[PDB]
Q: 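Notebook entry - examining structure containing imipenem (open form).
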Amino acid sequence: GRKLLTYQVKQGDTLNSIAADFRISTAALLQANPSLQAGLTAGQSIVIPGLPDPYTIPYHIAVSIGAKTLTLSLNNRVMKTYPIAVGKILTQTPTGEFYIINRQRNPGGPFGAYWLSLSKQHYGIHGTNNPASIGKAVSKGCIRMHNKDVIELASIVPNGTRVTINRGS
Ligand SMILES: *C(=O)[C@@H]([C@@H]1CC(SCCNC=N)=C(C(=O)O)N1)[C@@H](C)O
C-alpha cells in the first residue's frame, strides 16, 4: 500500500505546534510517534498518520527565493513554474523542507479560490484577488498565485508534496 508521511523537525519545534501545523492532534502524531509524548527534537523524524508519504508521491516543488519562482516537478522534471512573493531584499536561506499538506474547498471569498497548506507554521500556498504583487512586490513572503493556477497545482500536488524555500546563493 501507500506509506504515510514523514517529517523531520527543526531545532526549536514543539509538539502542539507541529501537530496542528500538520492539521492534526498531538495525540495522533503521538500515536504514530510515541517519542513525541514528551516532545520533538531537531532533525528528528516523525510520521504523520492518515497522511501519505511524499516518496510514494512524485512531485517536487522547487521554489527558490533566489529563483523567485516556484517550480512544480514530476518524475525529476518540472510540470510548470508559478510566481510567488520573495521580496526585494530578503536573505537567510531556510534550510528545511515542507510538504503540501492540504487543500481547502472553495471558500467563497477573497481567500483566493483555494487554501493549500505548507508544513511549517506561517507558510502556505494560496490564491489572491491581486496577482500583480506576485513575484513583483514585497508581499511579506506570501506564496499565492492566480485562482486557477493554485487549483492547477492544487489538484496535482497531493497531501504530501515536497517543497523547499531557499535563497540559494
Ligand atoms: C500575502 O499575500 C499577504 C499576507 C498574508 C498574511 S497571513 C494570511 C493567513 N495565512 C494563513 N493562516 C498576511 C498577514 O499579515 O497575516 N498578509 C500580504 C499581501 O499582506
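Chain A is numbered as in the PDB entry, which gives 1-169 for the residues shown. This entry, so its header tells us, was determined using solution NMR. Ligands are counted one by one from 1 in listed order, and the atoms in each one are counted from 1 as well. Just the heavy atoms: all of them, side chains too, but no hydrogens, waters or symmetry mates, feed the values below.
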Q: From the contacts in this model, which chain binds imipenem (open form) most extensively, according to UniProt?
A: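 By the greatest number of contacts, it's Putative L,D-transpeptidase YkuD.
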Q: What would you say the binding site of imipenem (open form) is, if we count heavy atoms under 4.0 Å?
A: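 Counting heavy atoms, it is made of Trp115, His122, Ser139, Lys140, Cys142, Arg144.
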Q: What does the entry give as the covalent anchor residue and atom for imipenem (open form)?
A: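 The model shows a covalent bond at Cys142 SG.
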Q: Which UniProt domain name applies to the region of chain A with most contacts to imipenem (open form)?
A: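 Most residues touching imipenem (open form) lie in the UniProt domain L,D-TPase catalytic.
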Q: Return the residue and heavy-atom distance (to 1 Å) for the UniProt active-site residue of chain A nearest to imipenem (open form).
A: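 The closest UniProt active-site residue of chain A, by heavy-atom distance, is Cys142, 2 Å.
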